[PDB]
Asker: 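After the C-alpha cells below, expect a handful of questions from me.
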Amino acid sequence: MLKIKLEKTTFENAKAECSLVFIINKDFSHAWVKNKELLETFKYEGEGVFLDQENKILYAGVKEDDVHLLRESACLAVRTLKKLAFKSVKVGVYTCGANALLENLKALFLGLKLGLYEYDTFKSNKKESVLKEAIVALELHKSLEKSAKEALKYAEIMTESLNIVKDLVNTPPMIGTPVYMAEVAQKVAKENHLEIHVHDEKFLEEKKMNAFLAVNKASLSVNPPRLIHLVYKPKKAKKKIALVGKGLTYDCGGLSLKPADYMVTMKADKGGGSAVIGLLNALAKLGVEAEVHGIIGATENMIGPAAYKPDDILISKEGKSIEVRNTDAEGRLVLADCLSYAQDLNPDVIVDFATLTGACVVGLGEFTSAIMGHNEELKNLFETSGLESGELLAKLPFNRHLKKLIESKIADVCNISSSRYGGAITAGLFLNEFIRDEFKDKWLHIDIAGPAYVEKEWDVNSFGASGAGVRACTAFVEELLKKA
Amino acid sequence: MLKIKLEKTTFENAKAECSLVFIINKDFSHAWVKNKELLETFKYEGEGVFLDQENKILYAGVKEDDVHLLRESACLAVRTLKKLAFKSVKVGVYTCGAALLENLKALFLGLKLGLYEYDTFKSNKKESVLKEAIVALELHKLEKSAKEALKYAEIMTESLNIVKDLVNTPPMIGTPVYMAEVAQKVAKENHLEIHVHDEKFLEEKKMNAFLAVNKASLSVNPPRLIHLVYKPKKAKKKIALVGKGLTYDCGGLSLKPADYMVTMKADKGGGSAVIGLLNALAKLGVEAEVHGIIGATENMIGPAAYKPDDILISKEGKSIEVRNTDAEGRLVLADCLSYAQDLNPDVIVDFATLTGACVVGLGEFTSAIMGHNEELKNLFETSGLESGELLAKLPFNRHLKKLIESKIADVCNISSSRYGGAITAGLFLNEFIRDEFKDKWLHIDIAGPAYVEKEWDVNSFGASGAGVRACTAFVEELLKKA
Amino acid sequence: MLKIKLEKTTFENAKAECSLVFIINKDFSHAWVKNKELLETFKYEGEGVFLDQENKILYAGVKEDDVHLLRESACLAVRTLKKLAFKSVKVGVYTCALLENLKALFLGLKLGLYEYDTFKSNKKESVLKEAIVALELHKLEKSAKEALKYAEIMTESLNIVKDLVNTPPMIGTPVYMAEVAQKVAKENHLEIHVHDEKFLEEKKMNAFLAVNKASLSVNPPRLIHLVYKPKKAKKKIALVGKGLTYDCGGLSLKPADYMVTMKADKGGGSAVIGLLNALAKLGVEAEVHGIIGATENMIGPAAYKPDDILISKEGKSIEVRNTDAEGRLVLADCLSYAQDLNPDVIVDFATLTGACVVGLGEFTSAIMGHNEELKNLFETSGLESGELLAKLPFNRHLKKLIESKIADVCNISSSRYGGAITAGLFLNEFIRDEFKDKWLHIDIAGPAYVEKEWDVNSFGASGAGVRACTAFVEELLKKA
Ligand SMILES: CC(C)C[C@H](NC(=O)[C@@H](O)[C@H](N)Cc1ccccc1)C(=O)O
Ligand SMILES: CC(C)C[C@H](NC(=O)[C@@H](O)[C@H](N)Cc1ccccc1)C(=O)O
Ligand SMILES: CC(C)C[C@H](NC(=O)[C@@H](O)[C@H](N)Cc1ccccc1)C(=O)O
Ligand code: NA
Ligand code: NA
Ligand code: NA
Ligand SMILES: [Zn+2]
Ligand SMILES: [Zn+2]
Ligand SMILES: [Zn+2]
Ligand SMILES: [Zn+2]
Ligand SMILES: [Zn+2]
Ligand SMILES: [Zn+2]
C-alpha cells in the first residue's frame with residue numbers, strides 16, 4: 001500500500017525524498033520544472049518519464065490534458081519510483097480535462113496507489129520497495145481539502161478492492177479452487193460485517209440448478225462447487241441490486257477440450273465472480289444507500305469420465321431445457337441458473353459479469369468490455385459511468401436474426417450458436433432466455449473476457465489480472481443512487 | 001540367449017551346423033569364401049546377406065572396413081539365421097577399422113542382439129532353433145581379449161534387453177509400480193541397495209513439481225521415486241544417474257494429438273536406461289559408487305490434472321510457471337536432480353526422452369548432449385560414439401536462456417519461441433542445478449533413438465536401450481583418469 | 001558511420017562531449033567511475049546502461065569479463081548515445097587477446113549505429129559521429145590500428161549484407177542482387193560475371209531453372225560470379241550462396257505466418273557478396289570465388305511441381321515432392337558450377353531449413369560436412385569471431401531417408417525428423433567424391449534474420465556468416 005498524505009502547503013515547501021512533476025501536452029513552462037536545460041540536453045520531450053538526478057525530480061509526461069491520461073501517468077511514475085531508493089515522493093494537485101477537480105484527484109490518487117501492484121508472490125527475488133509514501137501538497141498546478149479527502153477515501157477503498165480481485169484472479173488454479181473463492185468472500189464478509197451464505201452441490205440440487213451442476217460434474221469429487229451469496233444491507237436502501245458473476249476457477253473446455261495455446265490464462269475465468277466479491281467490498285466501505293447482493297457461481301469446467309457431454313440436454317432452474325453441443329460454452333450454463341437464483345431476490349437491478357466469449361475479445365479488443373441488455377437508458381448509464389471511471393466499454397446490440405441462431409431442434413434452446421459469427425451477442429441472447437419478463441428492463445450483461453486478464457502491462461494494470469468491472473460498476477451504482 | 005563358445009581352433013576345423021562369413025568392402029578373395037562362382041552366378045555383390053545352400057555358408061556384407069558396420073552385420077546375420085533350422089553357427093575373428101578388443105566386443109554384441117525381438121504378444125511366436133555361435137579363435141586378417149569381450153557382450157546384452165523389455169512393455173502393465181519391480185529384480189540380482197519411495201516421501205521432500213505431474217493419475221497409478229545404489233569395495237568416483245520414468249505421457253490437459261501419443265509408453269526410456277546401467281555397471285564391477293535415480297509416473301488427463309497457469313514450487317525452491325502440461329518430464333527431473341544433488345555426487349548425468357525438438361534437429365537415431373563442462377561433454381561424446389551410439393553436442397547460449405523467463409514465477413516450463421526447444425529444455429534443467437554442480441552435470445536427450453518404429457543398426461522395432469552402452473563407456477573412461 | 005579516432009593520450013585528458021565507461025562483472029572500483037554514490041543512490045548495479053547526467057558519463061555493464069559480452073555492450077552503448085545530442089564519445093581501452101578485445105570494442109561500437117530505418121518517415125540524422133579512443137589500458141598502437149581496419153571493413157561488409165537482406169522483395173530482385181554485386185566488384189576492382197537463364201540452360205542447370213519457372217517472365221534468374229584474385233594465392237576458395245530473393249514455397253505454398261520474413265531467404269547469397277568485399281579489402285592471400293544463385297520461388301501457372309523429376313547439372317535426377325524445398329535445388333546446380341573451378345575449399349551458405357532453427361534456436365548456425373578438421377576450423381574460428389555455431393553430424397540412417405523410388409534422390413526426407421541434416425545429405429549427393437573432403441555446408445536459417453534486437457544485431461538482417469567465414473579463411477591461410 002502506498003500511503004498518501006494530504007498536506008496544507010505549497011509544493012515547494014513540502015518535504016519528501018524526491019519530487020514528481022507531470023508534463024501535460026509537452027508544456028515545460030511551469031515553475032515546478034526546475035532545470036529545463038537538463039531536459040533539453042538529454043532530449044526529453046514529455047514522452048514517458050525522465051529523472052532529473054541532481055534535483056531528484058521525476059517528470060511524467062501526460063500527452064493530453066486528460067484525466068484518463070493522468071491516471072495512467074501517475075501509475076507509471078510510481079512503478080518507476082518503486083525500483084529506486086526514495087522512501088517518499090511529493091506531488092502537487094493537477095486538473096486535467098475531465099465535477100472535474102474531484103475526478104482529477106481520484107485519478108491522481110488511484111493512479112499513484114496502483115503503481116505499486118504487481119503479482120510477484122511466487123518470484124524468489126521479490127523486494128519490498130523503499131517507497132512508502134506520497135506527499136500531496138494541496139496546491140493547484142493550475143473546497144480543495146474536502147474534495148481531496150473525498151478522492152483519497154475513494155482511492156484507498158478502490159485500490160484495496162481492485163487488489164483483492166486481482167490477487168484472487170491471479171491465484172493459480174490448484175490453489176484458487178471454488179472453496180478458495182468462498183474463503184476470500186468469507187474474509188470480505190467478516191471485514192465488512194456482511195451476511196454471507198455459501199451453498200454447496202446439495203443446495204444446487206434442491207434448487208434444481210442442473211445447468212450449473214452439469215459443468216461441475218467432471219470435477220465434483222475433486223473440487224465441489226460453491227454458490228456464494230454476499231449481502232450488504234444498510235439502514236437506508238433506495239434500491240436492491242444483484243451482482244452476478246461467473247466464478248469459473250478453471251476452464252479447460254471440458255470434453256470439448258481447449259487447445260493448449262488457448263487454455264493458458266483460464267485461471268482468469270473467475271474474473272466476473274472475483275469482480276463481484278471486490279464490488280461488495282467497495283460498495284460496503286463506500287456505504288452506498290442500497291441493498292447489494294453478490295452472487296457467484298464457482299466451479300471448474302474439467303474433463304473426465306463423469307463430465308457433461310455434447311448431446312446432453314439439461315433442465316435449467318428456470319425450466320427451459322438446454323441442448324449442449326459444446327462443453328466449452330459452460331459459463332452461460334452456470335449463469336443461467338445463477339441469474340435465476342438472483343431474480344428470486346426481486347432486485348431492482350441485475351448486472352452479471354463474465355469472461356464469457358472469445359468473440360467479444362475478437363470484436364472489441366483485449367482492453368474493452370461489452371455491455372448488453374434491453375433497457376437503453378440503463379445500458380447508457382453503465383457505459384457513461386464506466387468510461388468516466390476509466391474503463392473501456394462498448395454496447396453491443398441484440399437483434400432478431402441473431403436470436404434465431406441459438407434455436408435447438410430437440411430442446412428449448414442450444415448452448416451454442418449455429419453460426420461462427422456474433423458469438424458475444426448470441427451468448428447474451430442465450431442468457432436472455434433465462435431472464436423473466438419482469439426483469440428484462442432491469443438487466444445488464446457485461447462481457448469482460450478481454451480486459452479481466454491481459455498478458456502485459458497496460459494503463460493502470462500490471463501483467464495478468466486487472467480487476468475489470470469493479471470501477472465501472474461502482475461508478476454505475478453511485479450514479480444510479482444519485483438519481484434515486 | 002545366444003551362447004557364444006570360444007574355441008582354440010581354426011575356422012575350417014571348428015564344427016557347427018552352418019557358417020558365417022563376412023564380406024568386407026566387397027572383398028571376396030579370402031580362403032573362407034568357399035564357392036565364389038555361386039555368388040557370381042546369383043549376383044551377390046556383398047550387399048546384405050546371402051546363403052550358400054550347398055555349403056551352408058551365410059555371407060554378410062560389411063560395406064566399409066568399419067567396426068560399427070561389423071556390429072550391425074553380425075546382428076543382421078543372426079536375425080537371418082534365427083528363422084532357419086541350424087542349431088549352431090561358426091564364425092572367425094574379424095578386425096575392422098576401429099582395436100582387436102573393440103572388434104571382438106562389436107562381433108559378440110552384434111551376434112547376441114540378433115536374437116532380440118519384442119514378440120511377447122505375438123500368437124505365432126516361435127522359439128529359435130539357433131542356440132550357439134562357435135567362435136574359432138583365428139584371425140581373418142587374442143584369447144584374453146576374446147574372454148574380456150565375451151564378458152562385456154554378455155553383460156551388455158542382458159542389460160540392453162532388460163531396458164528394451166521394460167520400455168516395450170505397454171502402459172496398462174508398465175506402471176510406475178512395475179518399473180520399481182524391475183528395479184527390485186536388478187537390485188536383488190546384483191545385491192544392490194534399493195529404496196522405493198512413494199507420494200508421501202515426495203510430499204515430505206517438497207517435490208511438488210514431480211507431484212504435480214502425477215496428480216491426474218495418483219489414485220490410479222501412484223508415483224515411484226526409485227533409488228538404486230551400487231557401492232563397490234573401491235570407489236574412485238560417486239556418480240548419480242537420473243532418469244525420466246514417464247510410463248505414459250498423454251500430454252495431460254495439453255493433450256497430445258493421436259498421431260503423437262502413440263509410442264509414449266517409451267517415455268520411460270531414460271529411467272529404464274538408468275535401471276539397465278546399474279545392472280551393467282555392477283556386473284562390470286566398475287570402481288565407482290553409482291546411484292540410479294528414477295522419477296516414475298504417468299502424465300494423464302483428468303479432473304485432478306495439474307494445469308496451464310499452475311505455479312509449482314520445486315524442491316530446490318524455485319517457482320515454475322506451467323504454460324503447457326506436456327512439458328512434464330522437465331518438472332519430474334527438476335525434483336529428481338535436486339534429490340540427486342543432495343547425495344553430493346562427483347558427476348550427475350540425466351537421461352530423458354525429453355523433447356520433440358531434439359528429434360527434429362538431430363533425427364531419430366541420435367541423442368543430444370548438453371551441459372557446461374566441455375571436457376565432460378567431450379568425454380561422453382567420444383566414449384559414446386566408440387560404444388556405437390550416435391551423439392551430438394548442442395550448445396547453450398545467453399539468448400536461448402532468456403526464452404524461459406516468466407513474468408510471474410522464477411522460470412517457465414516452456415519457451416516463448418518455437419525454436420531451440422531441446423536446448424531451452426536443457427536450460428530449464430540448468431535452473432535447478434546448483435552452482436557447485438553445474439560443472440559436474442550432463443543432460444542427455446534420448447527422445448529420438450530410445451524408441452524407433454523400424455529396425456535399425458542392432459535395434460529391433462521399438463525400444464533400443466539407448467544411453468546404456470554410451471554411459472557405460474563414459475564411466476569406464478572416466479575411471480581410467482581418476 | 002561511426003568514426004573512430006585513436007589518440008595517444010589518457011582517458012582523462014581525452015576530450016569528447018560525453019564519456020563511455022564499462023563496468024565489468026559489477027566492479028565499480030576503477031578511477032574512471034567518477035561519481036560512485038550517484039550509482040548507489042539510483043540503484044545502478046551494472047546491468048544495462050546508466051547515464052550520469054552531471055558528468056555526462058554513460059556506464060555500460062558487462063556481466064562477465066568476456067570479450068563477446070564487451071562487443072555486445074559497446075553496441076548497446078552506441079545505440080543509446082545515438083538517440084542523444086552528444087557529437088562525440090570518449091572511451092578507454094578494455095581487455096576482457098588485446099587485438100581480439102580491440103576488434104570487439106571497435107566493431108561493437110560501430111555496429112551500434114545500424115538500424116534498418118530506410119522506410120521510416122520519422123528517421124532523423126544522428127548527432128553522434130565520433131568515438132575518441134584514448135590509448136590507455138583499463139587494466140598497443142599497432143594492435144589498435146589493426147583492429148580499426150578490421151572493424152571498418154567488417155562493419156562496411158556486414159552493413160552491405162544487412163541492407164541487401166532487409167530490402168523488401170518487390171525491390172530486392174535477382175537483378176537487384178546482381179547490381180549490389182556489381183557495385184562491390186567495381187569498388188574492389190574484382191572480376192565479375194552475371195549470367196542469365198540462357199546461360200543456365202546451356203549449362204543444363206535444370207534444378208535452378210525449375211525453381212525460377214513460375215516467375216521467369218517477371219524476374220529472371222541471375223547466376224552471380226565474383227572473383228578475387230590477389231598477387232599471391234595460397235588457396236582457391238569457392239563460396240556458394242542461396243540467393244532466394246523471395247520464397248513463397250511455390251505450389252507447396254507457405255501459410256501467412258511462415259511466409260513473412262522470407263525476403264531474407266537471400267541471406268546466404270548476400271553473405272557471399274559481403275564476404276568478397278571483406279576478403280578483398282583485407283587482402284587475404286587466396287583466390288576467392290563468390291557464387292550466388294539468385295531467383296524467387298513463386299507460385300503461378302508455370303510453376304515447377306510436386307512430382308516433377310529434374311535432371312541436375314551433375315546429372316543425378318531429383319524427384320520433387322515439395323516445391324518449398326527449393327534452396328537445395330538451386331544449390332545443387334550452383335555447387336556443380338563451383339566444383340568446375342577446381343577449388344581447394346568449398347563453403348556454402350543458405351537459409352535452408354526450418355528444422356535447423358528448431359534444433360539449434362534462432363541465434364545459431366549449423367555446420368555440416370565430412371572433413372572433421374575443416375568443420376572444427378570453421379567452428380572454432382567462427383566462435384571467436386562472435387558467431388554462434390554448432391556441428392551437426394551425418395549418419396547412414398539419415399542418408400536413406402532421401403531415397404526416391406523413381407529418381408536418383410528425393411528433394412525431401414520421408415521423415416519429419418532431422419531435416420537440416422537430410423538437407424545436408426541431399427547437397428552431398430551433388431558433391432563429387434574428390435570434393436567431399438573439401439566441403440562445408442552452413443545453414444544460417446536461424447540467425448540470418450531475426451525479428452528482434454540481439455547481440456550486435458538490430459531487428460531483421462544480421463549479416464550472419466560473414467564474420468565467421470572471414471575468420472575461417474584467415475585461419476586457414478595461416479596453416480598454408
Ligand atoms: C465455444 C464457444 C461457443 C464459447 C467459447 N467461450 C468460452 O470458452 C468461455 O468459457 C471462456 N471462458 C471465454 C474466454 C475467452 C477468452 C478469454 C477469456 C475467456 C468461446 O470460444 O467464445
Ligand atoms: C510442449 C513442448 C514445449 C515440450 C514437448 N515435450 C514432450 O511432450 C515430452 O514430454 C515428450 N515425452 C518428448 C518426446 C517427443 C518425441 C519422442 C519421444 C519423446 C515437445 O513437444 O517437445
Ligand atoms: C519442405 C521442407 C523439407 C524444407 C523447408 N525449407 C524451406 O522452406 C526453405 O526454403 C526456407 N527458406 C528455410 C527457412 C525456414 C525458416 C526460417 C528461415 C529459412 C522447411 O520447412 O524446412
Ligand atoms: Na482477457
Ligand atoms: Na523415438
Ligand atoms: Na531466421
Ligand atoms: Zn469455456
Ligand atoms: Zn469459461
Ligand atoms: Zn510430454
Ligand atoms: Zn514426456
Ligand atoms: Zn522454401
Ligand atoms: Zn527457401
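Order of the sequence lines fixes the chain letters, A, B, ..., with proteins taken first and strands second; residue numbering starts at 1 for each chain. What's counted below: heavy atoms across the whole structure, side chains too, no hydrogens, waters or symmetry copies. Displayed portion only: the contact tally does not extend beyond what is shown. Every number for a ligand or one of its atoms is a count from 1 in the order of the listing.
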Asker: According to the PDB, which drug is present at ligand 2?
Answerer: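 That drug is Bestatin.
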Asker: Which chain forms the chief contact surface with Bestatin (ligand 2), and what is its name in UniProt?
Answerer: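 The chief partner is Cytosol aminopeptidase.
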Asker: Judged by heavy atoms, which other chains are less than 4.0 Å from Bestatin (ligand 2)?
Answerer: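 Non-hydrogen contacts: B.
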Asker: Which residues lie close to Bestatin (ligand 2), i.e. with a heavy atom under 4.0 Å?
Answerer: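 Sure - by heavy atoms, that gives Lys244(B), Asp249(B), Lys256(B), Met264(B), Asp267(B), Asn324(B), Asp326(B), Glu328(B), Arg330(B), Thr353(B), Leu354(B), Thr355(B), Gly356(B), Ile414(B), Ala447(B).
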Asker: For Bestatin (ligand 2), which atoms have a heavy atom of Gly356(B) less than 4.0 angstrom away?
Answerer: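 Close to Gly356(B): 15 (C), 20 (C), 22 (O).
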Asker: Below 4.0 angstrom from a heavy atom of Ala447(B), which Bestatin (ligand 2) atoms are there? Numbered from 1 as shown, please.
Answerer: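 So the answer, numbered in order with elements, is 17 (C), 18 (C), 19 (C).
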Asker: Run the numbers for me: atoms of Bestatin (ligand 2), each under 4.0 Å from some heavy atom of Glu328(B), listed by number.
Answerer: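 Checking each atom against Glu328(B), I get 10 (O).
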Asker: Per UniProt, some residues of chain B bind Mn(2+); which of these have a heavy atom under 4.0 Å from Bestatin (ligand 2)?
Answerer: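 The overlap, by heavy atom and UniProt annotation, is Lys244(B), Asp249(B), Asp267(B), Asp326(B), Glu328(B).
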Asker: What atoms of Bestatin (ligand 2) come within less than 4.0 Å of a heavy atom belonging to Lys244(B)?
Answerer: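 So the atoms of Bestatin (ligand 2) that pass are 9 (C), 10 (O), 11 (C), 12 (N).
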Asker: I'd like to know what other ligands and ions lie under 4.0 Å from Bestatin (ligand 2), if any.
Answerer: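 Other ligands or ions: ligand 9 (zinc ion), ligand 10 (zinc ion).
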Asker: Using a strict cut-off of 4.0 Å, indicate which atoms of Bestatin (ligand 2) neighbour a heavy atom of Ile414(B).
Answerer: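 This gives 3 (C) as the contact atoms.
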Asker: For Bestatin (ligand 2), which atoms sit closer than 4.0 Å to a heavy atom of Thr355(B)?
Answerer: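 With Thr355(B) as reference, the close atoms of Bestatin (ligand 2) come out as 13 (C), 15 (C), 22 (O).
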Asker: Using heavy atoms only, pick out the UniProt active-site residue of chain B nearest to Bestatin (ligand 2) and give the distance to 1 Å.
Answerer: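 Using non-hydrogen atoms, the nearest UniProt active-site residue is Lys256(B), 3 Å.
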Asker: Within a distance under 4.0 Å of any heavy atom of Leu354(B), pick out the atoms of Bestatin (ligand 2) and give their elements.
Answerer: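 Answer for Bestatin (ligand 2): 6 (N), 7 (C), 9 (C), 11 (C), 13 (C).
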Asker: Do you know the source organism the PDB entry gives for chain B?
Answerer: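 The entry gives Helicobacter pylori (strain ATCC 700392 / 26695).
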Asker: Quick check on atom 3 (C) of Bestatin (ligand 2) - does any protein heavy atom sit closer than 4.0 Å to it?
Answerer: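 Yes, because at least one protein heavy atom sits under 4.0 Å from atom 3 (C) of Bestatin (ligand 2).
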Asker: Can you sort out which atoms of Bestatin (ligand 2) are near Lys256(B), meaning under 4.0 Å from one of its heavy atoms?
Answerer: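 Counting atoms of Bestatin (ligand 2) from 1, those under 4.0 Å from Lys256(B) are 7 (C), 8 (O).
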